[PDB]
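Quick look: trimethoprim on dihydrofolate reductase.
Chain A is numbered as in the PDB entry, which gives 1-157 for the residues shown. Method of determination (from the header): X-ray crystallography, 2.0 Å. Both counts, for ligands and for their atoms, begin at 1 and track the order of listing.
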Amino acid sequence: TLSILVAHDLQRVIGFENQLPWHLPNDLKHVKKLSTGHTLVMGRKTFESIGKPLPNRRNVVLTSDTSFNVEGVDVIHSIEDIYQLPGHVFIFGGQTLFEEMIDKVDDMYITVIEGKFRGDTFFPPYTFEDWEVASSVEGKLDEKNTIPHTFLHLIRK
Ligand SMILES: NC(=O)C1=CN([C@@H]2O[C@H](COP(=O)(O)OP(=O)(O)OC[C@H]3O[C@@H](n4cnc5c(N)ncnc54)[C@H](OP(=O)(O)O)[C@@H]3O)[C@@H](O)[C@H]2O)C=CC1
Ligand SMILES: COc1cc(Cc2cnc(N)nc2N)cc(OC)c1OC
């Protein structure tokens, strides 16, 4: 099963200067919970931002770079390769993978971050005409998690 995993704000911002625009530990716990034991496919800039492969899942990086051979990362050089990956595969970002994949995935796990951040990278527009809300769960706030957010799971109609 092929899924998107993304956090985006009220205007679909995902990213600023190759980093997440917000500090939201609870989103990152959500990401850990969902993707542990599965596979992640991310483009090269997302990989560099994170800087290491994430533990306890297959990390797959998409890059035209044929010298890319990183310890604990599988490399693919085409979108077409994503389909040969076994198991539950999460399209992990960033902008350019989302744009390529949004029409192809079974479902999306979206954290809607309920604020308006400066961004330089966006998730593509989508409509609920196309996507059934399987679930919608308000994120709990505390002093360390102070931005309202909602976890959506959307299934393509
Ligand atoms: N909020 C969220 O949920 C998430 C946010 N982000 C954010 O997104 C931003 C980065 O996004 P973006 O700039 O689009 O970059 P990406 O992370 O998507 O990666 C860009 C690169 O991916 C590689 N790539 C993508 N498509 C292909 C292809 N078909 N063939 C070969 N290589 C390909 C290329 O690498 P090369 O040039 O090396 O060939 C390309 O330059 C960051 O700010 C980051 O913080 C990222 C993930 C999630
Ligand atoms: C695990 O830490 C990171 C995760 C992500 C991707 C990501 C983050 N949040 C959500 N909801 N979905 C995603 N695909 C992107 C990151 O930086 C660009 C990360 O470093 C902080």
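Trimethoprim, all copies counted: located at ligand 2. Counting heavy atoms within 4.0 Å, the binding site of trimethoprim comprises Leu5, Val6, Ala7, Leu20, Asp27, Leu28, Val31, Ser49, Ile50, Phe92, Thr111.
UniProt's NADP(+)-binding annotation for chain A and the heavy-atom shell under 4.0 Å around trimethoprim share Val6, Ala7, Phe92.
Given atom 16 (C) of trimethoprim, the protein heavy atom at minimum distance is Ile50 CG1, 3.7 Å. Taking atom 9 (N) of trimethoprim as the reference point, the nearest protein heavy-atom neighbour is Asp27 OD2, 2.8 Å. For trimethoprim, the atoms sitting less than 4.0 Å from at least one non-hydrogen atom of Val6 are 10 (C), 11 (N), 12 (N), numbered in the order shown with element in parentheses.
Under a heavy-atom cut-off of 4.0 Å from trimethoprim, the UniProt substrate-binding residues of chain A that qualify: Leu5, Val6, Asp27, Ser49, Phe92. Protein heavy atom at the shortest distance from atom 2 (O) of trimethoprim is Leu28 CD2, 3.5 Å. In terms of protein heavy atoms, atom 21 (C) of trimethoprim is closest to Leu20 CD1, 3.9 Å. In chain A, the residues contacting trimethoprim fall mostly within the UniProt domain dhfr. In this structure, atom 4 (C) of trimethoprim lies nearest to the protein heavy atom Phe92 CZ, 3.6 Å. Annotation: atom 13 (C) of trimethoprim to nearest protein heavy atom, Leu5 O, 3.6 Å. Near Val31, the atoms of trimethoprim lying under 4.0 angstrom from a non-hydrogen atom of the residue are 8 (C), 9 (N), 10 (C), 11 (N), 12 (N).
Nearest to atom 18 (C) of trimethoprim among the protein's heavy atoms is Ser49 OG, 3.5 Å.
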